[PDB]
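These notes concern the structure reproduced below.
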Number of protein chains: 2
Amino acid sequence: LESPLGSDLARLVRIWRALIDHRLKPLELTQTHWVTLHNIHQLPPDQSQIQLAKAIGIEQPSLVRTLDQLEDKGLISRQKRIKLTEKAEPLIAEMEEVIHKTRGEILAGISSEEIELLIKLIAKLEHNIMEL
Amino acid sequence: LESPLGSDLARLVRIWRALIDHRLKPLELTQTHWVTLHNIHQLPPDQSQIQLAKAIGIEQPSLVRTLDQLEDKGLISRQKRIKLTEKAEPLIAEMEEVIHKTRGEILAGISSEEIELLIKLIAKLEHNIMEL
Ligand SMILES: O=C(O)c1ccccc1O
Ligand SMILES: O=C(O)c1ccccc1O
Ligand SMILES: O=C(O)c1ccccc1O
Ligand SMILES: O=C(O)c1ccccc1O
Ligand SMILES: O=C(O)c1ccccc1O
Ligand SMILES: O=C(O)c1ccccc1O
């Protein structure tokens, strides 16, 4: 088709992130940090590095500086598997609450069956991509 | 809702970009560079800095290093308005061809009326976001 789908989506995702970044600044989480912690939070327990980078859609080595920092601030433990600490729990719970609440306002006036099709479509687009 | 829409989209967009990045590496365009040139290309002629950052969904100062480089390699001219040069034309045309062609393969088996709803939905999501 003619329509610039990938850059429409890429803009949307940038402005949605930027809204969240603003709302989370008091927590002085940077983008990369909350993105990565959120991702850890929505995965099941004990992810390998490799599962995490994949769920994010990035390549490990970029993941590693971000993880190293989080480990430095004691947010995260590794023994290569990944566990949120006791110490990150209040920070996470408040982060997730702002993210959840922002999603409810973003999703306002969009029907569940419309959101359900978006999700199934995202899936197919990604499958095409991975198949290449 | 419960569903992690923003990170689904953010993954999709990361893996779609990464596919394009791979395909464009022979041209040794970096991500930021092709993203920005593509954006310039799909806009009407002579954008201000400000229109460009907005179409991308970023804030000007990040835009500026990238533009400075492009101007250094003679891809781009400014007099604060922005014009692709004569010299960038073959590079652009080949870039756009790879992007266009990648979109056709990504969009395979998805109906036009389904792609048309995605586009209208992206629009509404962004409007909610800007309204905040
Ligand atoms: O601008 C982007 O980030 C982008 C991402 C995927 C496809 C096309 C694009 O312009
Ligand atoms: O792009 C990155 O470097 C990155 C690193 C960690 C988490 C999310 C990210 O996009
Ligand atoms: O909607 C707001 O005003 C807001 C501000 C910060 C965090 C979550 C929010 O909903
Ligand atoms: O992971 C992201 O980049 C992201 C972007 C917007 C909303 C939620 C997210 O996790
Ligand atoms: O995030 C950036 O710094 C950036 C800069 C120029 C173009 C696209 C971008 O995402
Ligand atoms: O599909 C491919 O093999 C390909 C490779 C590079 C550029 C555009 C493409 O379609």
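In what follows, every chain begins at residue 1, and chains take the letters A, B, ... in the order their sequences are listed. Counting starts at 1 for both ligands and their atoms, following the listed order.
- Among the choices salicylic acid, phosphonoformic acid, memantine, metronidazole, girodazole, what corresponds to ligand 5 is salicylic acid.
- The largest share of close contacts with salicylic acid (ligand 5) comes from the chain named in UniProt as Transcriptional regulator SlyA.
- By chain letter, the other chains having a heavy atom closer than 4.0 Å to salicylic acid (ligand 5) are B.
- The binding-site residues for salicylic acid (ligand 5) (non-hydrogen atoms, 4.0 Å) are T32(B), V35(B), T36(B), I56(B), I58(B), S62(B), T66(B).
- Scanning all protein heavy atoms for the shortest distance to atom 3 (O) of salicylic acid (ligand 5) gives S62(B) CB, 3.7 Å.
- The shortest contact between atom 7 (C) of salicylic acid (ligand 5) and any protein heavy atom is with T36(B) OG1, 3.0 Å.
- Looking only at heavy atoms of the protein, atom 4 (C) of salicylic acid (ligand 5) is closest to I58(B) CD1, 3.7 Å.
- In chain B, the residues contacting salicylic acid (ligand 5) fall mostly within the UniProt domain HTH marR-type.
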